[PDB]
K.L.:
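Sending over a structure with lopinavir; questions below.
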2 protein chains.
Amino acid sequence: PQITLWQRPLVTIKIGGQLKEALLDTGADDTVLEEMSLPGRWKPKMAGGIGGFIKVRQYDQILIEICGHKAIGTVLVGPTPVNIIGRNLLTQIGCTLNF
Amino acid sequence: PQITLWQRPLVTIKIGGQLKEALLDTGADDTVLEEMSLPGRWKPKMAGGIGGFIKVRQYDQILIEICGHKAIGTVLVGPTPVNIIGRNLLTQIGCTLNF
Ligand SMILES: Cc1cccc(C)c1OCC(=O)N[C@@H](Cc1ccccc1)[C@@H](O)C[C@H](Cc1ccccc1)NC(=O)[C@H](C(C)C)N1CCCNC1=O
């Protein structure tokens, strides 16, 4: 689908058997999800946004189903205000900017 | 142009007679630019991303040329680590997401 940007580009993702709403975010290198129940081993990391840094849990090779399309990659989990889908997953679903 | 997301989507902007590189950011509501020389009256305002909030100077109706396309709108200037073009300008150059 083509998405215009008059609204926040919020899509429906399915991750860890759960349904969530996330923002397709071209300005993000990585995917960062709010505190949620995820299975597996992890490694502690920091993510540097606009106001500073947040301590997140890094999970590798996690499956997300973004708006009907499937991707497998790195997901960070931490105290972020919005669920962010970054470029590490957006490339896998073939997402492009167009103007 | 079509822009894929394997790299940061950086475009050349021209603002206030000057050339800068800015990130095309679907995950940003507003346009925020690194400390730079702009003419005009401003209003103090507060942008909050991941990790907290930054104090910015708000200018209304700044002309920006993004990758050859002209746009006029609100530009925030503050201690952002990256120049960010947000949806308030992205909508004006007919920028869409596609997958
Ligand atoms: C939401 C908003 C409203 C008004 C104005 C602005 C600029 C707004 O956006 C601010 C903002 O931080 N938006 C983020 C997503 C957002 C929306 C709403 C709330 C919080 C965040 C994201 O798109 C841009 C921002 C850019 C950046 C900052 C520092 C270093 C490098 C890049 N990118 C990042 O933080 C990403 C994260 C998300 C994985 N990131 C951080 C690790 C290094 N690389 C990287 O890519």
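Proteins come first, then strands; the chains are lettered A, B, ... in the order of their sequence lines, and each starts at number 1. All ligand and atom numbering here is 1-based and tracks the order in the structure.
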K.L.:
Help me with this one: what macromolecule has the most contacts with lopinavir (ligand 1), named as in the PDB entry?
P.N.:
protease retropepsin
K.L.:
Which chain letters have at least one heavy atom nearer than 4.0 Å to any atom of lopinavir (ligand 1)?
P.N.:
A, B
K.L.:
Which residues from the surrounding chains have any heavy atom less than 4.0 Å away from lopinavir (ligand 1)?
P.N.:
A/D25, A/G27, A/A28, A/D29, A/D30, A/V32, A/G48, A/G49, A/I50, A/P81, A/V82, A/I84, B/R8, B/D25, B/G27, B/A28, B/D29, B/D30, B/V32, B/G49, B/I50, B/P81
